[PDB]
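Inspection log for the structure reproduced underneath, given as structure tokens.
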Amino acid sequence: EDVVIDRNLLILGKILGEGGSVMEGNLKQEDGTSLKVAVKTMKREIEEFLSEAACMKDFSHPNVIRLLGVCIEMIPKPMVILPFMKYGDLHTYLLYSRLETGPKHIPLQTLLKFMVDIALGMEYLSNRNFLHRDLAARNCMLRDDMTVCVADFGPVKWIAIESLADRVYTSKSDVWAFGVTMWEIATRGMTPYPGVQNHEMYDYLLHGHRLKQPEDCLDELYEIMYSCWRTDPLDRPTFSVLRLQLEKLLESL
Ligand SMILES: NC(=O)Nc1cc(-c2cccc(F)c2)sc1C(=O)N[C@H]1CCCNC1
Ligand SMILES: [Cl-]
Ligand SMILES: [Cl-]
Ligand SMILES: [Cl-]
Ligand SMILES: [Cl-]
Ligand SMILES: [Cl-]
């Protein structure tokens, strides 16, 4: 396909993360310049892979990570090629922000803009009937301009009650993972459901218990993230409704 990149245009560097592993890289480009890339390994069957990557490579949105292509080193081991992001994942960034060494205290207006950015990304993927299935702040990347894009597309405390039960997954389960992500950002990196263990989570949710309003968090913001966890998927808003709720709340500060 036009998605496959020659292994010779790619030089692999140091390991950055674990998701097999994700590496630093140089991509040699059509214009003779080299581009900083992240290279992530993957766990025939590769035809369905290449075909999915070919599909994702057509994505174009500031708040979705570009898939620049795929390499196959040879047993074939394929590798997803992505623009390198020195600011790393959101979750780590939030934790670092609570240290004096790390980034400055993040004001709420900036925390809401992270949420708007993810909403915009998920709005765009949702429209093309693409399901993420692993939305969480650890899988949102920060670009050099500090804009957030959604990533690592294709964790029980992010799985929506209907997906825990029936092994069903719709865009509305993605909306559930989005509210948990909104909570991770409002809490600046707390694990969801403190004092509840992974095995207790289905029964905790089944008895109607939800993520608790964070201490900083605005009531209006907590109403938006609470709407993402309504029992019936059909009663949850769409990403397009959510994006505009958040855009409108951000406008009023
Ligand atoms: N694209 C890019 O630069 N990637 C990328 C870059 C990372 C990174 C960038 C600068 C410093 C550093 F320590 C890590 S980490 C990472 C990545 O893809 N992490 C994944 C691990 C699996 C779960 N979600 C985050
Ligand atoms: Cl290499
Ligand atoms: Cl950083
Ligand atoms: Cl509750
Ligand atoms: Cl909680
Ligand atoms: Cl509460």
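By the PDB entry numbering, chain A shows 578-596, 599-622, 629-659, 664-743, 763-861, in order. Note that ligands are numbered from 1 as they come in the structure, with each ligand's atoms numbered from 1 the same way.
The drug positioned at ligand 1, selected from R-revaprazan, R-talinolol, AZD7762, S-warfarin, 6-thioguanine, is AZD7762.
Taking the chain with most contacts, the partner of AZD7762 here is, per the PDB entry, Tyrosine-protein kinase Mer. The nearest of the UniProt-listed active-site residues in chain A relative to AZD7762, at the least heavy-atom distance to 1 Å, is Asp723, 7 Å.
Most residues of chain A touching AZD7762 map to the UniProt domain Protein kinase.
The residues of other chains having a heavy atom under 4.0 Å from AZD7762 are listed as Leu593, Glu595, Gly596, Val601, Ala617, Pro672, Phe673, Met674, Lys675, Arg727, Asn728, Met730, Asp741.
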